[PDB]
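Take a look at the structure below.
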Amino acid sequence: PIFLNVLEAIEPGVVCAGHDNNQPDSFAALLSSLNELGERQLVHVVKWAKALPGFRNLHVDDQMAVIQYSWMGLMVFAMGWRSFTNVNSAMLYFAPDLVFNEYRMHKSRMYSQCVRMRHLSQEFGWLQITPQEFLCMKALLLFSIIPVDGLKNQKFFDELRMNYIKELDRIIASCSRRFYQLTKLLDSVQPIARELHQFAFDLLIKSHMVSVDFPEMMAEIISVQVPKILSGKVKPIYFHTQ
Amino acid sequence: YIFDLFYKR
Ligand SMILES: CC(C)(O)C(=O)Nc1ccc([N+](=O)[O-])c(C(F)(F)F)c1
């Protein structure tokens, strides 16, 4: 069962938002925590992906690129399991010190996107998603977005992604019934990802004025890589069209 | 910038 042994052995721990939970729910303080959370949770993807089954098979620029793009989609997906598993999907469990309530959902001005995330979190439920199914969908999520001109080696990449399906396909395996659903969920992700990608970007521009603090690396990714996606340069690979 | 630096630590 070697493939699985790895996903869990590499699987990150609990990251904290490092949040002064005493300060009342201000749009600035909330989002100046999510930015650190983005940052911290990014460090952890950097490390997690580096250790993936045949990740160093890819080009080093491609490695960075795929991480830089995926970063969001993953954080969302993982976050939704976090909420699902820890709060039974009642609230948004970003970190231990940053669980999002209706009022906090509202106070970050991210309400719609949170409805979406409570939603997909609700899906782990309604779909009896196994951890070994979750883990696999998350690994595969890294390979779910590329530039349209293609990677420094698309070949070695397509190779990688293709074997991450056969893997989930083996983890599932009238199996086709299940398959669909999971590929469906794995799509619901990108739509949302792109919404935060847009939310985050709006913010970065006006952050000077809304008093919301982006870490150096946060701003950079949002300033240089996220625009690629938003500008349609970089598009995610959906299973079904849509 | 700072990401590629994080990719050699
Ligand atoms: C930098 C920007 C606004 O904070 C952002 O992407 N927010 C954010 C931060 C952390 C996490 N997280 O998974 O812990 C998420 C989200 F993935 F849930 F969307 C968004």
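Lettering of chains follows the sequences in order, A, B, ..., and the numbering in each one begins at 1. Both ligands and their constituent atoms are indexed starting at 1 by order of listing.
Drug at ligand 1: hydroxyflutamide. The name UniProt gives to the main binding partner of hydroxyflutamide in this structure is Androgen receptor. Other chains whose heavy atoms approach hydroxyflutamide within less than 4.0 Å: A.
In this deposit, the organism assigned to chain A is Homo sapiens.
Residue counts put most contacts of chain A with hydroxyflutamide in the UniProt domain NR LBD.
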